[PDB]
A.B. asks: 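What follows is a structure written as structure tokens; I'll ask about it next.
Proteins come first, then strands; the chains are lettered A, B, ... in the order of their sequence lines, and each starts at number 1. Note that ligands are numbered from 1 as they come in the structure, with each ligand's atoms numbered from 1 the same way. The analysis underlying the following values was restricted to heavy atoms, covering all of them including side chains, and did not include hydrogens, waters or symmetry mates. Header lists the method as electron microscopy, 3.3 Å.
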Amino acid sequence: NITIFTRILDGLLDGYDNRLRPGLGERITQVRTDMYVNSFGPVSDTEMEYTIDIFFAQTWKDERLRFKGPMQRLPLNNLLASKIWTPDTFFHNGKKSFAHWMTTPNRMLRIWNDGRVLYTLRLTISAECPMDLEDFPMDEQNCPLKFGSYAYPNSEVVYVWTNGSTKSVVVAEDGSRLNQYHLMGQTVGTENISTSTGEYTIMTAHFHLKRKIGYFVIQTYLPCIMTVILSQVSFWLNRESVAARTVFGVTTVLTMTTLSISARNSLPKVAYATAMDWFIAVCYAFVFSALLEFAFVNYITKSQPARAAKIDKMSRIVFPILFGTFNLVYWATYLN
Amino acid sequence: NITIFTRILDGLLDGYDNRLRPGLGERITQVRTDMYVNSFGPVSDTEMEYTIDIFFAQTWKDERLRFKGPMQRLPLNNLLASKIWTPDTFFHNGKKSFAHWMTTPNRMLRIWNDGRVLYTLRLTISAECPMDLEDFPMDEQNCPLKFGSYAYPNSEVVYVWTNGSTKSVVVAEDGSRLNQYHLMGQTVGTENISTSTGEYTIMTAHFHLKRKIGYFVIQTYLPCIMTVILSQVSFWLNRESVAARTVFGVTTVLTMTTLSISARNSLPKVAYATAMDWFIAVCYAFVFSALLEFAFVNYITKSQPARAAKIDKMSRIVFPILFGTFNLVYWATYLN
Amino acid sequence: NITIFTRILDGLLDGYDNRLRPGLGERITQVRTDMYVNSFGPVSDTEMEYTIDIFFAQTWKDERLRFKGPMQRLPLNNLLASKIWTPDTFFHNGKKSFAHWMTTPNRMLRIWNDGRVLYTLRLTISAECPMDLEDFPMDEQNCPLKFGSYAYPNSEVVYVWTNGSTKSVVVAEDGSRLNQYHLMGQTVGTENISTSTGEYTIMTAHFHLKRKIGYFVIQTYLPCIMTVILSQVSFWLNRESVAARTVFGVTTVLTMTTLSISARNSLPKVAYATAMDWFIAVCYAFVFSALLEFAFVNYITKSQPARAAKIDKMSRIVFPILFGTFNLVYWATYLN
Amino acid sequence: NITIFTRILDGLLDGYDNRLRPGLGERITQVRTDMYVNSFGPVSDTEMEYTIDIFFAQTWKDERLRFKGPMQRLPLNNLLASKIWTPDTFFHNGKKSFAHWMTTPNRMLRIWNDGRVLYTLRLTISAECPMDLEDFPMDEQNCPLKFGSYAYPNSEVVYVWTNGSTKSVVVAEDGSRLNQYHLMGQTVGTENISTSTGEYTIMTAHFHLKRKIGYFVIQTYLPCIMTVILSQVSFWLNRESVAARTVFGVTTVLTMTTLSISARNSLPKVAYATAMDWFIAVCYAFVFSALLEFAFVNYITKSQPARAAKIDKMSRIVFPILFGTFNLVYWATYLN
Amino acid sequence: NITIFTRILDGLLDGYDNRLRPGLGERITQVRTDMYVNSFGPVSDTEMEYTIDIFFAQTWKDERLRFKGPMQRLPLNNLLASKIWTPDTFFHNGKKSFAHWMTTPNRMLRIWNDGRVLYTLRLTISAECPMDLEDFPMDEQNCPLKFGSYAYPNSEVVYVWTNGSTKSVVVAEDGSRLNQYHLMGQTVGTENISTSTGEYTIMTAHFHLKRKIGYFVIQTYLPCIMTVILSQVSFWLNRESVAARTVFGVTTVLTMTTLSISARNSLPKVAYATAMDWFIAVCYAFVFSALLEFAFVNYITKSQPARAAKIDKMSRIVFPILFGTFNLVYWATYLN
Ligand SMILES: CN1C(=O)CN=C(c2ccccc2)c2cc(Cl)ccc21
Ligand SMILES: CN1C(=O)CN=C(c2ccccc2)c2cc(Cl)ccc21
Ligand SMILES: CN1C(=O)CN=C(c2ccccc2)c2cc(Cl)ccc21
Ligand SMILES: CN1C(=O)CN=C(c2ccccc2)c2cc(Cl)ccc21
Ligand SMILES: CN1C(=O)CN=C(c2ccccc2)c2cc(Cl)ccc21
Ligand SMILES: *[C@@H]1O[C@H](CO)[C@@H](O)[C@H](O)[C@H]1NC(C)=O
Ligand SMILES: *[C@@H]1O[C@H](CO)[C@@H](O)[C@H](O)[C@H]1NC(C)=O
Ligand SMILES: *[C@@H]1O[C@H](CO)[C@@H](O)[C@H](O)[C@H]1NC(C)=O
Ligand SMILES: *[C@@H]1O[C@H](CO)[C@@H](O)[C@H](O)[C@H]1NC(C)=O
Ligand SMILES: *[C@@H]1O[C@H](CO)[C@@H](O)[C@H](O)[C@H]1NC(C)=O
């Protein structure tokens, strides 16, 4: 009962043209789309791109492939995929999208008596996600994913999500493979765009990203905090030890300078000030200000020692208090 | 006696459709799989991927290729591989899998009178291995390898290991080419998954990895240990040498700070504290604490020299003892 | 009413040769071109290349595809693109240009009764943009984009912009994805070139680029400015503290030296002096000159203390004034 | 006299099946192989791979292509290469081997009356060469190159070198393009391997590599030697200059620490001690030991100055002598 | 008058075999070659490769494509390129050569009544240029470019430049895109090579390269010069300031050491001494020698102060003079 299937396949192909869409000149082709994200890949800030692997599924109705037989379903493989007409779907923001070939071309194609068709297609999309690094690292990003049609305007092909929007897009629980982000949720929608040729249908999915802090705390914030504390120790050393206090001030200032260079090496070369830069700038003033206090004190330690000694003791208390007060404002404002 | 073989090949192809599986509508196709890992490639922690080269072998029974002749075996090459039906096997976790082309496409195909078939296929799979770096570097990882079918549910195609599981997967003795891991052993199993289309068969193989220590000992642990010892030398210097003791404390603190930055450059940017980070943090306190002791001593060396001198001598003994005691707890706990 | 279209397509292909241009031996083929830049990619100074993604559109008239039927337009896909003749357009400066393949080959083809044709083609061009880094970073660049024909001289194929030049090239408002440049505007034009074979038509588009400053201010300029200020603090320290003033001078000089090396690491290895190099050179003299003043003062502080003390006080005022005066000339000259 | 050749080619192809080896069921096919290495590419220690470009030549006898005519030789190109049967040769250790395509596919094929055939094939093999870095950099490596057959066991296809082994493999005098190795010589041999399918023939070629020293001398050895000499200068400074001697000891110790980190950055992350590591470890003790001597001397310079002064003078002589004595043992042992 | 051309093309292909060269068994095919270098790409010292883009043109006479008609020329495209016989030209030293595909395959093909043919082919060749870095950076290099035939010996195919050698190779004025080299000129020639198969014709073109200095002056030479000057300032400081002079000597020595490591990071790991290395070695002695002078002076400043003071003053003059004298010899010898 196998040769019976062979005759059915041969008959449908004969008299069938793959260069023409179903319902041409009679109606408008309607396509139902569903998605399942297997893994959300890493996000590269420098390249403003993210990698995503999905099992894209599409469905459309064709009246030219109707048949009757013992079975109502015809499981198949990539061999027959190119023999019939399929939509020229593309991703608008996809810089470079490539499919999978080995071990076998990941494709499927099924047909039913009523003309319903199914066409799954594994993909690996390296899309582009622009990001505004104004509140970095306390920033939230919305990386989109837009897919539609190239040569078929809305008057011919229209894409609509199957069933409700809740089940339209599915993300695996373990599919979040981000080392510096949290996948809060997803949103979907539809819209139209206008060009010279005509209107087109756009299906859009947005992923809400919440960055996870903790890597920069151990990398930039803590060294800056400890460096500031190191300089303040000089305030507890007697003035006559000019050389000893000089070493503390000079080393700390250079240490802060090199940290700023190192921090931005991996960060994108954005031409504006981020939140982290302001924190380093404030820490720079504290260490720099302490050095000035020593120089001013050392210059009047002879004529009027009383004022110099009074300032030194006062500095021990004022400086730590201001640093602690500033931190609460900085963290509370951003974490609220 | 060569043209006799030519007629046999031509006859089988005629009347044979490669788009339909054997036993369609009559039974369920059964596939027997065996593997031989030639080389386990390097594991990239940053990319969470590992490279593996295997000689994948598959076997299935087809009743449409039966023949009789002088020979019961028909050795062949890649030429006839695409002329018949082969399963659309794929790797679920394979990010990007590509076969080999030169010098000649590495493929084979053999047939027997009873319909038994053999299809070997060399492969180079760059799979993805998620890892939890909580006990790093004293961590054990289990990198999996899942392969199955794309368009053929369990009702049609089922994969089962040939013979026992012991001989199902073979790893060469010299095939372990890991510079920072040990290949302890392997495990295999089977499971099913459910999706919209239907149930599918999953064949899984797990590799147990035990990291080898010794690279980080010479890179991070030892410099931290020697840096701590350097600071303690200051306790054996007289107080009046304020400048000399200042150099020891400042240089050591900055040395520890830069080591932390350097260590995590190669390590993945995990947003949580590893075991190595805690060790560096403890070493940071020791050098930092020593600097505080000098500052406190230098501030009361005049009013009450007796207490300052007593503290200095006590510090020489307490500090080394605590560092030695802590090391035993750290190493014993992780190495046990 | 679908099979009617099938007959039309078959008839046109028969008797139609794709190896010959329309109007061969009768007239000169005329092509109308329009462009829409979806995104202007990043500019790599080291590689002197920039990436651009466009939706290139072309139009030409052919008398061999005329037909009459219910519809005056025949939307199609990549299937029929290769079946007919299309110009062998190429980019002269394109080092490596590749099209898009997945999810479907991004191409379109439409025909009309009068013979008018449309052929859109998505592209990603990695062109080369030579740049003269003489006023870097205060520099303006004009990256061109030249496209024409390879084997068809001007006597056969001529390219002309459609409608006016204003609408010939369109750039999306959000298509400017440059992190270190501003897209001021665009210009277009036409020209001819002469070679051994004959004359050819050239269509050129130029993009005016204005670099955005602010990344180098936080990276190179500010550390140099703060480093100079650090050295001048030594002028407020008494001469007897020889060791203390030595630390300031030595550390600052080495700090400037390493900044110069770090700055040019990312910058292209141009064999001539840039504007930034001169700024660093001036800052080098200030810190170096201060060290010389201390050495000269320390060498005559005994024989004639009066002159040494007078010079030290004068240095406190002259040095800051000159640095401030120089900055106004440097910034005003370049920013004007 | 050109059409005469055309008839000969057409006749041979008709009735000739490329899917069957010559002498099938009658004898065992014998293949003669010769090689000419155009250039031995660079060896990447990190990737344990080396690149080699060769002009591989193969020869086998087929009785199905016999002909008679004016010429006994038929020079041809890649066009006819795929029309006949060729062995499915492959490289066992080749991770990723690709041929050359432009300007024209580099292939050749010649036939003679007796059935002798020639098939040259340019190749670029990126093989894998495991190396044991125990005597690094005084190490000798033997990178192999194994090639055989995939689907044809020894009972069907056997590879044997043509003529003697001396002329079997040829390496160009200028083909050695190694910047850190010397190509001492080559060796060849044959062996069999056993698998599930059956026995296979293996043809192996080994290249003997002798590393050239001189890059590491200027990079690691000399800085370590000069750093040790710098510390010993402190022994010629009076004890009262506590600060001056402190700077020498601290700077040298940190300098050695950073050199160890820098040296292993390029070197593979081997989890065992190399010869170079031991040399750095010995140098670490010398500088570290000198610092301890100063601390111990400074702690008893008051109670018993005589012993402290005596030790200081003795250290000036003992330390340099031991360093010189150790170097002779280290270099002589490895260079002998 | 278009169908007339169609008949001509069809007739020529019929009865024409592309697997046989023209004049087979009657004469020797002669090929005329001309080149036009559009852009000389960057030269990578580490990889010993350079990229070049050319418009290669070839010409040969075939008597099997003669025709008569209204036009004596048949402009065409890549469609007919593969339908006829073309030489299997290849580049001997080309590691990896690839052609251009988009927007259209860059190829052309023209035919004339007498049988003359033209075949242009755009190319991007990543050739290999061995270089001897003995006088680096004052070195001159001659990167060659060899092209010939693979399967056609001299007895069948011979390559000869068209017209004179002056016009044989053309380089655009703006085609020199080298950031660290000057394109002085070009030379061409012919030669034969002998192998097992037979003699072959070689066409060679050499490009003379003169490196441009100025990048290394700002990177390595100047920091070394300024570092030496910094150390000499210590000679103008009184002996009693032991700590101050110690800082100058130690910092300068370490600064020179790190510069040597940094300089060779980008430079190829050549296992022999370059000219730049000797310059750094001389600078190393000057700073190192100054430190020794201070140590020796400080050790005898009590017993015989007169000799120590006399040496210190003499050092101020001798050391600067020797450094200036050495520079003239170094620069004059290499720049002459
Ligand atoms: C609005 N618009 C145009 O006018 C150019 N044509 C298109 C287009 C072309 C084919 C199909 C859909 C859309 C296009 C594509 C993008 Cl990704 C952004 C804007 C845009
Ligand atoms: C359970 N599931 C789905 O629902 C989506 N479809 C599939 C699938 C699709 C085709 C064959 C097998 C499985 C799939 C694939 C992975 Cl890798 C993980 C989950 C998953
Ligand atoms: C003027 N010229 C030549 O003489 C070589 N031929 C060409 C050419 C070849 C085919 C089509 C167009 C132009 C060419 C191409 C460039 Cl990109 C620059 C200069 C140049
Ligand atoms: C001994 N062996 C096997 O059992 C697996 N099959 C093979 C094989 C498969 C086809 C041809 C030759 C050999 C093989 C290949 C290597 Cl590279 C190493 C061991 C090994
Ligand atoms: C002299 N020689 C040989 O003997 C090996 N065969 C060849 C060859 C093979 C085919 C065509 C031309 C030349 C060859 C190629 C090079 Cl690139 C260098 C040396 C060499
Ligand atoms: C998009 O076009 C379709 C055409 O049927 C229309 O129904 C729909 O309302 C449009 N959507 C928007 C947002 O304009
Ligand atoms: C998987 O499906 C097969 C269907 O025959 C069944 O026999 C087997 O028990 C299932 N395995 C599991 C783990 O459910
Ligand atoms: C280019 O060639 C065309 C040929 O028709 C001519 O009309 C045009 O004036 C030429 N342009 C220039 C700038 O020479
Ligand atoms: C390999 O197999 C062949 C089979 O003919 C045999 O002659 C040869 O001795 C074998 N070599 C070894 C090393 O066993
Ligand atoms: C190369 O071979 C040709 C064969 O005709 C000969 O004429 C020519 O002189 C040879 N050139 C050299 C340099 O030997």
A.B. asks: I'd love to know the main binding partner of ligand 5 in this entry - how is it named in UniProt?
C.D. replies: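 The main partner is Gamma-aminobutyric acid receptor subunit alpha-5.
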A.B. asks: What drug shows up at ligand 5?
C.D. replies: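 It's recorded as diazepam.
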A.B. asks: Could you check which other chains have heavy atoms less than 4.0 Å from diazepam (ligand 5)?
C.D. replies: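 The other chains with a heavy atom that near are D, E.
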A.B. asks: Which residues are in the binding site of diazepam (ligand 5), using 4.0 Å as the heavy-atom cut-off?
C.D. replies: D/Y36, D/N38, D/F55, E/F90, E/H92, E/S149, E/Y150, E/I193, E/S194, E/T195, E/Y200
A.B. asks: State which organism the PDB entry lists for chain E.
C.D. replies: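 The PDB gives the source of chain E as Homo sapiens.
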